[PDB]
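Drug bound: aztreonam (open form). Macromolecule: Beta-lactamase Toho-1.
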Amino acid sequence: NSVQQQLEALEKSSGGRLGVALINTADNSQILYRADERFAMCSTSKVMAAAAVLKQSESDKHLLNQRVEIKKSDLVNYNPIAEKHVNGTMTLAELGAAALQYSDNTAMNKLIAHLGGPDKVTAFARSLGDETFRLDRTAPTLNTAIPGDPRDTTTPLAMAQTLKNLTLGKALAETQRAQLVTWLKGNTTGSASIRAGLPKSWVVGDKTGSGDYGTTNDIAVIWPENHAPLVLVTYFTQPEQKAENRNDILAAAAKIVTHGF
Ligand SMILES: *C(=O)[C@@H](NC(=O)/C(=N\OC(C)(C)C(=O)O)c1csc(N)n1)[C@H](C)NS(=O)(=O)O
């Protein structure tokens, strides 16, 4: 059956709602499934916050090494890196690395605070031509992922387009683009998500997110060995608040849409 039929069948088996957008940069073709529907981004939103700081750094050569004080009161629900630095400092670069590669929620919050609040992350997305993205809350409440809640949402297509712009395209000056890509490639949290649906030796940069309603997300740039890059967003969410997360669904979707590549 067709790729579309395969995705529909995956969603049917899934017990939830699947959103996929793949951009094949070889020919600019797309594989879209519920790609204009809103999903809670959860921690995939951290890419936008880190990139907003990278944009600022273009015009401030001291920004990435700027010290940020980490206090006990900054710790939240999940902060494996920031907890190592309580009573000390981390640089903005180190906070970007922790936010993206470990999904440290304290690090995300420091990025947001530095920028001046969630609305400034939204403004940065808008500056990239993304009319869809919105950040409304800090971590961890940005991961509540309540069905139909527009807060902290985007669509798979909007996020795939913006991720392509960020990592391979026109959003950031070169040094900054390269830094974002280095961060994403070194992600530690994505083994069982998109990466698990791909050949083991393909190079991937990604950012995961998991929240309530079993909301299980991953956004990736994928470099095949003999082909142009693919940009892939896989979002998944479920009807019940305490549903288990389902990274296996994301891996399955990735395998479906990258077949033949
Ligand atoms: C981002 O998506 C972020 N999610 C959370 O902080 C929530 N749970 O995360 C962990 C991994 C601890 C979990 O047990 O699911 C969460 C659930 S409900 C709520 N308000 N927050 C995590 C840290 N990012 S990820 O990339 O590791 O998924």
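Note that chain A carries the PDB entry numbering, so the residues on display, from first to last, are 27-57, 59-238, 240-252, 254-290. Header says: X-ray crystallography, 1.1 Å. Just follow the structure's listing: the first ligand is 1, and inside any ligand the first atom is 1.
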* Nearest-neighbour protein heavy atom for atom 21 (N) of aztreonam (open form, ligand 1), which is reported as residue plus atom name and distance -> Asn170 CB, 3.4 Å
* Considering only heavy atoms, does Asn132 approach aztreonam (open form, ligand 1) within less than 4.0 Å through its side chain, its backbone, both, or neither? -> side chain
* Asked: According to the deposit information, what organism does chain A derive from?
  -> Escherichia coli
* Asked: Taking only heavy atoms of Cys69, which atoms of aztreonam (open form, ligand 1) are found under 4.0 Å from at least one of them?
  -> 2 (O)
* Asked: Which residue owns the protein heavy atom closest to atom 12 (C) of aztreonam (open form, ligand 1), what's the atom, and how far is it?
  -> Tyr105 CD1, 3.7 Å
* Residue and atom of the covalent bond to aztreonam (open form, ligand 1), if one is modeled? -> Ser70 OG
* Which UniProt active-site position in chain A is nearest to aztreonam (open form, ligand 1), and what heavy-atom distance, to 1 Å, separates the two? -> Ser70, 1 Å
* May I ask you to identify, for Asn104, whether its side chain, its backbone, both or neither come under 4.0 Å of aztreonam (open form, ligand 1) on a heavy-atom basis? => side chain
* Please state which protein non-hydrogen atom is closest to atom 9 (O) of aztreonam (open form, ligand 1) and give its distance, to 0.1 Å? -> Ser237 O, 3.9 Å
* UniProt substrate sites of chain A near aztreonam (open form, ligand 1) (heavy-atom cut-off 4.0 Å) -> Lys234, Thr235, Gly236
* **Closest protein heavy atom to atom 22 (C) of aztreonam (open form, ligand 1), given as residue, atom name and distance to 0.1 Å** => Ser70 OG, 3.1 Å
* **Atoms of aztreonam (open form, ligand 1), numbered as shown, that sit under 4.0 Å from any heavy atom of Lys234** => 26 (O)
* Proximal atoms of aztreonam (open form, ligand 1) relative to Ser130 (non-hydrogen, under 4.0 Å) -> 22 (C), 23 (C), 24 (N), 25 (S), 26 (O), 27 (O)
* Heavy atoms under 4.0 Å from aztreonam (open form, ligand 1): which residues of other chains qualify? -> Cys69, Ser70, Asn104, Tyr105, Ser130, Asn132, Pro167, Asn170, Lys234, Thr235, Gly236, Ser237, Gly238, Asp240
